[PDB]
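The chains are labelled alphabetically, A first, in the order the sequence lines are listed. All chain A residue numbers match the PDB entry; in order, they span 1-557. Following the PDB entry, chain B shows residues 3-87, 91-217, 230-429, kept in their order. We count ligands from 1, going down the list as the structure has it; atoms in each ligand are counted the same way. Recorded method is X-ray crystallography, 2.8 Å.
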Amino acid sequence: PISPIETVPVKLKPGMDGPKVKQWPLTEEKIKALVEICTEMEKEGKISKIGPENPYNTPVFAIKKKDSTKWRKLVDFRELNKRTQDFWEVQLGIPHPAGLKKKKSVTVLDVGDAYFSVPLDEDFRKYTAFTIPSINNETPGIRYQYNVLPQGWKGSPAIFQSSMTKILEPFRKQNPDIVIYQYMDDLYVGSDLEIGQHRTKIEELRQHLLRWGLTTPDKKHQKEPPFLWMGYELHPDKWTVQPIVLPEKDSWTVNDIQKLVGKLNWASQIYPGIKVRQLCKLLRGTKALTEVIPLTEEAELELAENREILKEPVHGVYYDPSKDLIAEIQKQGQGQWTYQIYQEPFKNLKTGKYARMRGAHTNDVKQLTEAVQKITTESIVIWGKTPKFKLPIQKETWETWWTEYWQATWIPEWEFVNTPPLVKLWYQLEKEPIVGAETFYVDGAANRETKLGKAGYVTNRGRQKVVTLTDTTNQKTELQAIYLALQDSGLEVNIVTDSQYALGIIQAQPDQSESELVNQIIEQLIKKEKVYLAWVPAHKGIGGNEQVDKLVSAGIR
Amino acid sequence: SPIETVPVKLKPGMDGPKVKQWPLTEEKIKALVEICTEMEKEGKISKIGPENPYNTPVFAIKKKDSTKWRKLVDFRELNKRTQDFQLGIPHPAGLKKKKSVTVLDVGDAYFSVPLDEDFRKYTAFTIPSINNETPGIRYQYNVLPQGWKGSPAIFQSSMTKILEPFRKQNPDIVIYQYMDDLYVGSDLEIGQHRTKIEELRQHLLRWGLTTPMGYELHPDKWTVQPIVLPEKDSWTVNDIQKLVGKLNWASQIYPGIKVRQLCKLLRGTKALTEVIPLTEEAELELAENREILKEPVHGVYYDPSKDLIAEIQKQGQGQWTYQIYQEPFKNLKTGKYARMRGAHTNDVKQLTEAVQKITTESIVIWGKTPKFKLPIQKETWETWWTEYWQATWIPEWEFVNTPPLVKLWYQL
Ligand SMILES: CCc1nn(CCO)c(CC)c1Oc1cc(C#N)cc(C#N)c1
């Protein structure tokens, strides 16, 4: 049918007019197919013959699908699409299974010949003009135009969507306690009614839809659980990921590892513990797709650990609006975090992992906070509420960090859970100068042209040292200088630098870095017992800084 | 009750806003549905089709001394693409000088004036759904919307009529309209002041807008807090070094600053804890600088063609410092914010309070909101700001990593 729904007024972009793309001359066979296909469509009101007036045209083509000798009509709307107004956006997200509420009875109903059952604005149909050419550019071809939403036109997905929303509204009002999910041409229905009433409510729905030009499958034609939906396997009381097969292979290509990471990231939605970090590392630099990449010892271990996890089929449970959501997080390793969300201890609605920030100098407290943030956002999206957190960090550790850090931070309601490895700060800078501790005045310089540099210090105990560095930057020398002072100092040290840069990094109590150097410094800071770090402006009559600036600057402009 | 609508126009070339809707909690979605289905019945808004490709974010807040959900539309994009907002509202310089200023929400007035038919499309917004089960509920405005700078610009004519009698009766009172609010300042005793506000609400009342003892500001008692120089008997190298740095920095703001005498003390590679007696000379320079720091800052002037910028630093102990300028260091205003009894455990809560306060002061002083540099993670701010937000407006903001020194320079 063709829905009796009011049409959506459509228009072309401001300073633009309809398409006028000439018809390619087509084969005798292809022309025959188009004629019959179009005759059928015309008989169903999907299209209509037009006069010679209409100056618009869009190319038409015909292709036959294999294992069958049945032709299909392809319209190239690339041009009309560039000229068609922008629309809304169908949806901002796809439902996640974990967010599906528990309902005793669920039915899937798909809207049949979807796009073709919806009318197109009459004032816009003129722009959908296409031409079946005559055997060898004889005379005018048979010219048609759409009356319904054309397959492959820009506004079809959105217009269909709206039409369905308008159609479902009255039924929604009269049945507030029934859930309907709109997805493309599909329609999922859930209720907490015992079959009997439910099949009745379904039937009533279909009748409401049919009364509006939309065909659906009848009972015996409806799909039955499991439902293979967008990568998922849906059962009435549990869900999981579509069967994942990890290819047993000798020699892996970039393409193979890429697909592997894909499946793994995908499986991470319900299978806890999946680690992908070591595989991603192999994908660095890549330069090719067919090039084989030898697996590191670490990747082989990671892959093996993943297989173990995937050997045992895991399932997710559905959402109960009456119960609280609980999210638990654990540290898997270097910048690796996993989490799980449940309502009833250990009956997971969903799983996930976190591994951001490319080592821009961070610590476990910052990372944990980031993971909490990410989980909080998805919870709001999926369930409309934030979960209660279970974190492997002491309230004391948390308060100490937050109160003293420069950035505002805030975790929703959480509870400590003794699940090692626990999160902690590995070292802490002193708040005031250490009495009876050697004072190192450090500094570093680097020539912009030659990239050559010097790093060193001078103490109050009269010590001195200056190292030469090659292929360096000002930043690197400043960090080198601090590293030097930490190496030659021992348990208690006062260090005075002129680098806001280094002060900034160290003050944030990092425990991980992409910089081999910063790691040296961290490793060294952990060994100390007491460390005080101060800053002074450079190029000033400031005793100490004024002097290291000499030996470090000499020979390096 | 339509009238002759004021034809609105986007900037040439500029196109309508297409800002994504951020996920909302079920609680807030429920509240917005209830509110919107009521505004629809009143004809203030109406459903729209997919042929409307525009979108503006929507949230739900609660003002202070208010336990009833309110709709807050974030028109920041549309506002930037509008102006028009052409015939602006002049900012009185007397406002910042009043003994007291009262803020009154007059947003309910805007729903009387119909919005230009050809502009409505640009006011589109979405009420999202949980787990994206349902497609969003889409609407647009038929009347002047709250939050859009175009509304007060258009409503000026009617606002001046409403306030004419009250103005002639109290020609010494200053009335400034900014977005959905009215700023009312007088030099009167607090008792008369409050009485005059009450009278003003009656005038507004006669025009259908119930304008509820609102927040009371005292711009007179606003004094730019200095940079602060210590006061100790004995000083260490560390303290002088900390002082040299601080002044070295401030010298970039106030030209009159000197540091040569103090720096003279810092010579040789001494231990940080060593005590150092200050020369009588350094004493003067020091005292002389403190005097300079007491007074404003010679040379900085508000430029109405340039944007206002505000930086905030977390000082700890519920304390926050901030600076307002158009060009770095050229501070037009500096201040402080201490957590009010309650937020004793929330950084985001305090920061949102501090932002609203600073924004309010900006409106009073310049009649403009500053662009904020927030010491927080975007996603965190994005996730929580609405939880404690109570203003009808929303300033522009960006996220930054506070330079550790800056905190000290302004530390108190
Ligand atoms: C109300 C819709 C619904 N709820 N539940 C939870 C049952 O307790 C399930 C699992 C079977 C549903 O079915 C879908 C089937 C398909 C398919 N095909 C897709 C979605 C979605 N979203 C949902």
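- Of the chains in this structure, the chief binding partner of ligand 1 is, as the PDB entry puts it, HIV-1 reverse transcriptase.
- Out of FT-2102, R-roscovitine, ACHN-975, S-propranolol, UK-453061, what sits at ligand 1 is UK-453061.
- For UK-453061, the other chains with a heavy atom below 4.0 Å are labelled A.
- Using a 4.0 Å heavy-atom cut-off, the binding site of UK-453061 is formed by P95(A), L100(A), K101(A), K102(A), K103(A), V106(A), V108(A), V179(A), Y181(A), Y188(A), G190(A), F227(A), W229(A), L234(A), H235(A), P236(A), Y318(A).
- Looking at the model, one finds no covalent bond between UK-453061 and a chain.
- Going by the entry, the organism behind chain A is Human immunodeficiency virus 1.
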